[PDB]
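Drug on board: acetazolamide.
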Amino acid sequence: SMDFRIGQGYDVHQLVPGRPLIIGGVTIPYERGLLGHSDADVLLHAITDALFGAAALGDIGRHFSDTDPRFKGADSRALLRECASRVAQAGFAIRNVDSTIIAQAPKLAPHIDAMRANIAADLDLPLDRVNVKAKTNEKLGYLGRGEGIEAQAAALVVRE
Amino acid sequence: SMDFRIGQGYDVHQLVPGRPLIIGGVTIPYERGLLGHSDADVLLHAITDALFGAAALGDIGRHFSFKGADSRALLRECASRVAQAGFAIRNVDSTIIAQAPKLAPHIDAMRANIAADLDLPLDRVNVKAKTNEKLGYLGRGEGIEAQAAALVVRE
Amino acid sequence: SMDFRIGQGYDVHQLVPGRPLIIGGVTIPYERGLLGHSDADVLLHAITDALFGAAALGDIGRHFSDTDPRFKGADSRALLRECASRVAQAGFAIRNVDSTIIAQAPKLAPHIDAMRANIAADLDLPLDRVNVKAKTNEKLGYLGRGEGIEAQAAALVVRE
Ligand SMILES: CC(=O)Nc1nnc(S(N)(=O)=O)s1
Ligand SMILES: [Zn+2]
Ligand SMILES: [Zn+2]
Ligand SMILES: [Zn+2]
């Protein structure tokens, strides 16, 4: 139809030795990893929040509590797929997703297509409606010092 | 019709003693509050900027350099100027970033306030909240950030 | 048509002595400037990213290598125009652009209308479809300390 809605999402996680690096469902060879409840997939969290926002359904925290047994130990791709099911049942179809990863290292460009493929699979979208961008923070802040990684997302949906 | 536009907004304010904490028009009990020339409702400022941006009307600094007015009156006036340019608001989405206090119990009230100020049904307004994972000035409780996205149409 | 897409962009550059300060294509008189391989125009880079992301064409680094000697000192308006040409080649028309600059200094209000005119010219848009906003970071973080300048952007396009 013509009942479009937009949503936006943000997420950040600390970057310290000890954990694997998983961004967009992709396990990336690195010395440090992202600290969170589960995989701490900062990119999928931001996209999930953008989708809930576009549907005016709250946020990732109110749908998938860390305490909730039904999502104990679920990984962020499963959360993303459950997010999309709720978006559909509210009557919305996803038109496109765009996103940015901000990280001082490692280089993420080799893994962009893998992330796009995971996200498009999880959302049941054609590949050319999913986009992921990645850049450094020019050595500024806790991002520029490699203490964390941030993700931003935007989503467009339409009531159908 | 089909002349859609998007806008994006961003704001941050310092948390300081002696001021009340007002986010999305909701007074939240807390030892500190937001500093600003206005009442410093950082969430309403981000949404205001996103609405000015979507209508290509400039920004909040150019519209409201209204002395003593609160951020809801300024949001109402923002919505008036967006309508004055010929735009209708289709939806608003937003995020609050604050290490403390807990905002989850106040989200539905903020959403109700924004919908009334923008003359929008509840289901076209969304507010999200999270922490900054103890990173940077937000993670140290020194400020609270808000982000907003708005879709308008010119019919 | 009705095939709408949204994109979002982010950029930051350090503010250093001995560099021109070029934001939105405007050379702003100032003792410091933005540091980058190109002219480091943080606002146009953010808008460029939003446009590539809306068209699902990747990001600015994919399209214009930030290490290639041919882009040393590159005019970021020329990069923006080539971005818009590639977005058009992918079948997309640009409907509007919104953006924000975050800086402690200098005062950008005298220059914002000129930046908007530059972006509108590069995107072949009327002025009423381009918006540039400017604010401080309320004294917080490296932005509050004047160590860099941030830009944010959003773009709506449609596949014809
Ligand atoms: C030629 C040129 O400028 N290329 C760029 N690639 N990435 C950039 S960014 N991270 O500053 O937006 S600029
Ligand atoms: Zn997260
Ligand atoms: Zn403010
Ligand atoms: Zn840049």
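Chain naming here is simple, since letters A, B, ... match the order of the sequence lines and numbering starts at 1 in each. Per the header: X-ray crystallography, 2.0 Å. Just so you know, ligand 1 is whichever comes first in the structure, and atom 1 is the first atom listed for that ligand.
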Report task. State which chains or ligands correspond to acetazolamide. Result -> ligand 1
Requested in this report: Count heavy-atom pairs within 4.5 Å of acetazolamide (ligand 1) for each chain, then name the one with the most as UniProt does.
Outcome: 2-C-methyl-D-erythritol 2,4-cyclodiphosphate synthase
Query raised in the report: Which other chains show a non-hydrogen atom at a distance under 4.0 Å from acetazolamide (ligand 1)?
Result: A, C
Requested in this report: List the residues forming the binding site of acetazolamide (ligand 1), heavy atoms under 4.0 Å.
Outcome: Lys135(A), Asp11(C), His13(C), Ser38(C), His45(C), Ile60(C), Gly61(C), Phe64(C), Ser65(C), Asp66(C), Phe71(C), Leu79(C)
Requested in this report: Name the UniProt divalent metal cation-binding residues of chain C with any heavy atom within 4.0 Å of acetazolamide (ligand 1).
Outcome: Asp11(C), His13(C), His45(C)
Query - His13(C) neighbourhood, listing acetazolamide (ligand 1) atoms whose heavy-atom distance to it stays under 4.0 Å - result: 11 (O)
Query raised in the report: What protein heavy atom sits nearest atom 5 (C) of acetazolamide (ligand 1), and how far off is it?
Result: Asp66(C) OD1, 3.2 Å
Query raised in the report: Which other ligands or ions approach acetazolamide (ligand 1) to under 4.0 Å?
Result: ligand 4 (zinc ion)
Query raised in the report: Short list, please: which atoms of acetazolamide (ligand 1) are under 4.0 Å from a heavy atom of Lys135(A)?
Result: 9 (S), 10 (N), 12 (O)
Report task. Under 4.0 Å from a heavy atom of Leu79(C): give me the atoms of acetazolamide (ligand 1) that qualify, with their elements. Result -> 1 (C), 2 (C), 3 (O)
Report task. Report yes if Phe71(C) has an N/O atom closer than 3.5 Å to an N/O atom of acetazolamide (ligand 1); otherwise report no. Result -> no
Requested in this report: Indicate yes or no: does an N/O atom of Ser65(C) lie under 3.5 Å from an N/O atom of acetazolamide (ligand 1)?
Outcome: no
Query raised in the report: Looking only at N/O atoms, are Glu138(A) and acetazolamide (ligand 1) under 3.5 Å apart anywhere?
Result: no
Query - Closest protein heavy atom (residue, atom, distance) for atom 8 (C) of acetazolamide (ligand 1) - result: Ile60(C) CG2, 3.7 Å
**Report entry** Per-atom contacts of acetazolamide (ligand 1) with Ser38(C), taking only distances under 4.0 Å to non-hydrogen atoms
**Finding:** 3 (O)
Query - Per-atom contacts, acetazolamide (ligand 1) versus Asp11(C) - under 4.0 Å to a heavy atom - result: 9 (S), 10 (N), 11 (O), 12 (O)
Query raised in the report: Quick check: does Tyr10(C) get an N/O under 3.5 Å from an N/O on acetazolamide (ligand 1)?
Result: no
Query raised in the report: Does the N or O separation between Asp49(C) and acetazolamide (ligand 1) drop below 3.5 Å for any pair?
Result: no
Query raised in the report: Among all protein non-hydrogen atoms, which one is nearest to atom 4 (N) of acetazolamide (ligand 1), and what is the separation to 0.1 Å?
Result: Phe64(C) O, 2.7 Å
